[PDB]
Each structure stands twice: as structure tokens, then as C-alpha cells.
Amino acid sequence: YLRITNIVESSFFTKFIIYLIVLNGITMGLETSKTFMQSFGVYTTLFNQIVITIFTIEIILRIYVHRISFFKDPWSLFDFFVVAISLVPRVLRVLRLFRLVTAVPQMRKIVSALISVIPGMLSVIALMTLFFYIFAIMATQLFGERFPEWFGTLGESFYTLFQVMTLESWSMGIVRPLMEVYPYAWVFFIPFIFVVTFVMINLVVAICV
Amino acid sequence: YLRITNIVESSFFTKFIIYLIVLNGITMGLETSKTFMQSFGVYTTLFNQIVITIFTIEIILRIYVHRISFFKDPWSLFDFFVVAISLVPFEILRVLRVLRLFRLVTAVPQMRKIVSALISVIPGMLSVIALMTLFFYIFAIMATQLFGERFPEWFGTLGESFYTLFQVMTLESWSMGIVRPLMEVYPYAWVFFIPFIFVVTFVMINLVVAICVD
Amino acid sequence: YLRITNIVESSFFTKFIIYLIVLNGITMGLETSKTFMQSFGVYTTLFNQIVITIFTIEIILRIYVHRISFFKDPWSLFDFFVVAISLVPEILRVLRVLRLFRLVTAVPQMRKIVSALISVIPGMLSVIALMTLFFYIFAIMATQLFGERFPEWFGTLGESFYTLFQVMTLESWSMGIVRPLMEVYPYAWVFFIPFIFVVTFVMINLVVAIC
Amino acid sequence: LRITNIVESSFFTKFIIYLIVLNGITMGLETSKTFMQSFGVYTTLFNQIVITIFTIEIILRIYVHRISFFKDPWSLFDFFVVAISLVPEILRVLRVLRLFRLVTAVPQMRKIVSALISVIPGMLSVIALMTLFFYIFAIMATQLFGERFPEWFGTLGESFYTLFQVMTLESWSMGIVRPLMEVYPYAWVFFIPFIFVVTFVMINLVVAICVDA
Ligand SMILES: O=C(NC[C@H]1CCCCN1)c1cc(OCC(F)(F)F)ccc1OCC(F)(F)F
């Protein structure tokens, strides 16, 4: 019993996993090259199953070693799903290259120390969706009639507005043609770009605290 | 009188306000989809009048409870106007009725703080912003009598001189979209525009720092 | 001397100058509309001439009242030159609109704002000079690398400058410049991608240096 | 020991800066084709003198400094930029890097460099995350959109450039993401979150930089 617990939390075992991680990453970085998957595709498709096989064992062990304690450690928890994904018979399997974040304790803090920023802002983030929701409704029934590729859908109003938010081709690509049919659209968007922009500065400042 | 005053400042009423918001939001969030408004549009268009009816009441009561204190409290004040817009049957207002889904910010005491904590920046910046508009005004005049003769779509009007210059501020398509064609007729437009990008940029950065300190 | 000295330093006079500024400002904002200058050009073309006369007088008084003390006050200095520009009887005809900046000078609330931001400039001259050489070294490389086939972008050292600043600003840097370049010189992702890195990394750290 | 006194003189320190600015300015006309027509031969020789003379300073300082020399970064760097210049057209272009040595002689710049380079270590925990994050994502696209959009995502390396471009937000939507949505209408599930994480990272870098120095 306790004999197994010593194998898991050993430096050897953990270090061994991280080696396979770095390796299986390189394996997926050659599954891209058509030339490679031609000559060595057979070599790889099995080699991957070996890895996800070993990772199945470890995650099973990690469960028996931790029992109910396991499904409260996110990194440990997260690792579980990412293999289940890898189990299901194709692109989302590459998420298992995130365990290199989990398996390395130097990263876990960085992720957490940056997710620690998320809560002090959800009061702001939640506001935006409401702000976006009303506007996406306005546009889709304002400009949605003549510019449907941009505003034909409520959701389509989202993508264009978040783009205009990012300031990519907001003027030449969206606002200028809009102003050829609705010449006052410069009253809709110029403030919206200000309103949304004002948020970002005060956030950055609020976080430097 | 005071009997209603207990209903008004009840948590139910406070909680209730936030409820109707969410429904009319979702209801207006289906007033967008053409598909929905076919079978249930009339049922919906009336539901808004139902909504816009009830919303008349709250602001009526809340005023008598607050009297002159009401028309000095911003959050409550705002609440009123959004109904008058919603009250008017120039369709635009029928579209502008959708602002009534903004009141969910007012009723939530967690939100007002969020809003308030950001407006405190304007006074430490109103000294700057007013400078910016003046800066634009002097410059917007320069272009309109410089490039306005051959580029009327971009600089033909002062208002168009504004829009084009305010765009270059954002750096969106400023070079290939604006300055490069300018340099085909007036090869020095980079003397107008390259510095203008500096000052305008330094202001906004120096503004952020002024906010970073406070 | 002392007889005039009471007119100069009055609050009234200060208030009076700012009136013509705001007046000449809004007045200068309609000299753009072609329609007006036909029906009202004489009213306007002269009103400018009226003002620039008065400001010539004031600047004469302000000089004699302060004498050598005048030519050490920045705000005072600028105001003078902007009238000299305005004095010359077609580029300058546009540069006359700079006289709408004196509203910054006459208002003591502005002078602080401008200066307190020019007060940041010295703490950055150590940084800025590095970039120019960095910019200068690179413009030489491109102009003799890609300048042969891309003359609109890199035919001249100065043209390499404009492209680099433009690339530095991130406007159409990739699709407009780097992508077509990589169709003839497939390694242009080695020239510019670092230039985007170094230049960008500086600006963040600079704001931080000021923050 | 006779030469050693010349090197660390204030004259000599200043003296290097003379040839830099001159060779810098001289290369600013080796660039202009117009000048190099009438003065090219006049120009081509001045460089060889400099690239010869510039060898000496780094030669002397080494015997003066010995093993102390190859532990001072600025001292180290100075050599390679000359060694590059020595090898007899990319190299002929890379010779112009020799105008960087002006950084060595001037102590006012190094402080900015050092005081800024200092904020690069406390973040490598973040940057390496980004490279991995890009790596996972660059793989996803390249086998997602690589089939129909190869100039943008046909190769992992091409996914890099396209993703690093979208990071800067240059023509990411109209130029890259919007056409993607005509065949794969779900590319906004790949790209919209990717836009969030990468952006949030850059902010957090700032926070780390705000605090550090
Ligand atoms: O703002 C950004 N671009 C818009 C501005 C900048 C100038 C061009 C157009 N205007 C921006 C740029 C970034 O480049 C990161 C680097 F690639 F350098 F690493 C990262 C995050 C950004 O922020 C996005 C936000 F905040 F706008 F949403």
C-alpha cells in the first residue's frame, strides 16, 4: 500500500513523466510535417498510445494515492480530463502538452499568480457582457439590415464590435462604409471606442497595485 | 404613503427590479433574432409594453419618497430618463428603448462602486482631455485647408478632418491607408503626421501614468 | 514704462486676450468652409488682420515691461514667434492657426499641464537617443537589402525610416510589408520579427520607468 | 605596459567614439547610391582603415584585461561585432553592426540597458509559458486550417508568423480570421480566446515590470 505512495511522489517518477511530456510534444510537432508522417507515421501512431498508456497509469495511481483529495487539486484535476480527451477517438489531444505546466511546480504558481488577477476584475468583466449585449442588439437591428456579414446576427454584432474594440480595421473596414448609408454612425462608435478603452487603462492601473 | 414606502425600499422590490431587467434583456435579446419575432413577435412587442408599463411606476414612487434628494442622486436620476426614451412610442427610440437593460447596473450596489471608482479619473484628466480637443481643433483646421482640396473624402470637412485625424490617433490604417497616398501628392505630409502621432501618443501614455500614481 | 505697466499685468487684459483667442479660434474654424469666405471673407480676412495687430501691440508692451526678463519665460517666448509667423503675408497661411495655441499660454492651468509633461522629457532623453541609432543602423541594412526591389518602401534611407516607424507602430506591418517581402526574400521574418520584439519591449519598460 | 596607459585615458575613451560616428556617418552614404557613385572609392577605403584600427583597441584591452576581459559583457560583445566585420552579401551588410560599439564607451547608456535588461529574468517564467502556449496552439491551427489556408497555416513555422501577427492585432480579423470563418465558421473559437490569453499575458508582464524596477 504505502509502498506505492513512495513510488508516485518520488523525484524519479515525476521527472520521468516530464521527460515523456517534452518528448510527446516533439512527436506532435512532427505529426505536422507530411513528409515525416509518411515515412514514420506508423512509428508514431503507436508511440503516442504508449505515452497516453503510461499517463493513464500515473493518473490512476495519483487517484489511489490521493483518493478524494485528488479532485480538489486543479492541476491534478485538470490533468485528468486532458487524458480523457486524449482517450476519445483528434486535435484536442494536443492539450496534453499543458501538463508540462502542471508537472512543473515552477509554473503552477505563475498560472495561479496570474489567475489571482482574475477575481479583482470580474466586477468589470461581467459589466462588459451587458454592455456588449445591448449594443449587439442595437447594431443587429440598426446596421444588420444593410451589412449582414458584419451585423446580420446578434453574435455577428459581437465579432465586429470586439474587432472594433481591438481597433483592427475598425474605421476603414467598418465605420467608413457604415457612414456611407448611415452618416451619423460616427456618433455610435467613436464613444463606444472611448467607453471600452477607458476600461482597459483603469484595469492596468488597478492591477499594478 | 409610507405603507408603499416599505414596499419601495424592500429587498423584494430591489430584487424585483433586477428581475424584469433580465427578462426584457433576454426578451430584447430575442427581439433581435428575426426567426423568433415571427411566431412570438406580437406576444413579445406587447411584453415590452407590459415591461415599459411597470417601469413607469417605480420611478414615480421613488421620487415622492426622495423628493428633491432624488434629482441630485446620479444613479437614481439616470433611471428616470431611460424610461422617457422607452416611453415614447423616427423609430430610433423604439431601438433606443433597449437602453432600459442598463438599469441592472444601478440596482446592484456592487456595480455603482465599480462605475464610481473609474469616473474619479476624469478630474485628474479633464485638464488633459480639454487640451486634447484644443490640440485636435488647431490641427483639424490645418489639414482641411492643406489637403482638403484634393482629398475631400478624408479631409473635405472639419468634421471629416476630425474623424480622419482621430483615426490616425488610434493608429488604425494611419500609414498605408492615410499618409502614403498623401505622400503621392504632398510628399511632406509626414511632417504633419509623424509629429502629431508623437504628441497625441505622449499625452495618452502620460495620462495613464498620472492614473497609475493615483 | 510705468504708465503702461498697469495695463499689462491687469487681470482684465489677460481676460481680454483670451476673448479674442476663443473668438479668433472659432472664427478660424470657419475660414475652412469655402462658402463663408465668399460672402463673409472680407469680414473674416480682416478680423484676423485686426487681431494680429492687437497681439503685435501687446507683445510690444509685454517686452518693454519685462525687457530681458521676457526672453527667458518659455510661455512668453512661444507667443511672440507665433505672431511673427502670423505676420508674414502659402504654407504659413496655415501655420497662422498656431496662434490658437496661446490659449495654453494665457491660461495658467494649461502651462502646468504642458510643463509637467515636458518635465518627463528629460528622464527619457537617455532612452530616446538609443532608439535613433538603433533605427539608424537598421534603415541602412534594409535600404541596401530590400531597397532594390521595394523602392517605395526601402529605396532611400529615409524611406527605410518611414517603413520602420510604421512597422514599429504595428500598422500593416505584416500583411503590408513583411508578407510580400517574404515572397521574394523568405527570411524577412528574421529581420523584422526581432525589430518588433526589441522596439516593443522597450516601450513597455519605458512606461514602467515613468510609472 | 607602455600602451596600457593610452587605453584608459579620457582621450582614448572619447577617441573610439570619433571613428564610430565617422564610420557610422560614412556608412550613411555607402547606403545612398547617389554619393557612392562619385565618392564610392573615396568611401570604400575609409572603412578598411576603421575596421583595421578598430581591431587594435580590442587587441590591447585584452592583454590589459586578460581573463577579466571575457567576463565583462560589453567587452565581450565588442569583439564579435568586429569579427563579423572581418569575414569577407549578408555579411557585407552585417558589417554595419560595428556602429554599436558606441554603446561600450558611453557609460550613460549601459545603465539604461542594464537597468532594463534586469527586468528580463524575473519574467522568463512567463515568456517560456508563452512559447509553449504558442506551441500548443500553433500545432492546433496547422492541422486545422493548414489544409485550405497554407500560406497562413500550411507549416508550423507559417502558423508561428500568422499567430505572432494576430498577437500584434495587425489585420488579424479581416486579413486572417474573417476569411477563415467562410470555410471553418468556428475559427472564432480558436482565435477569440487566444486573443484573450495572449493579451492578458502581456498585461501581467507589465505588472511584473511595474513592480520589479
Ligand atoms: O493595443 C494593442 N494594439 C492596438 C494599438 C497598438 C498600436 C497599433 C494599433 N493600436 C496591443 C498590442 C500588443 O502587441 C503585443 C506584442 F506583439 F508586441 F507583443 C499586445 C496587446 C495589445 O492590447 C490589445 C488591446 F489592449 F487593445 F486590447
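Letters go in sequence order (proteins before strands), and every chain restarts at 1. All heavy atoms count here, side chains included; hydrogens, waters and symmetry mates do not. Both counts, for ligands and for their atoms, begin at 1 and track the order of listing. Header lists the method as X-ray crystallography, 3.5 Å.
Among all chains, the one with more heavy-atom contacts to ligand 1 than any other is, according to the PDB entry, Ion transport protein. The drug or drug candidate found at ligand 1 is flecainide. By chain letter, those with a heavy atom nearer than 4.0 Å to flecainide are B, C, D. The shell of residues around flecainide (heavy atoms under 4.0 Å) is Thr170(B), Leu171(B), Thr169(C), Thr200(C), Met167(D), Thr168(D), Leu169(D), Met202(D).
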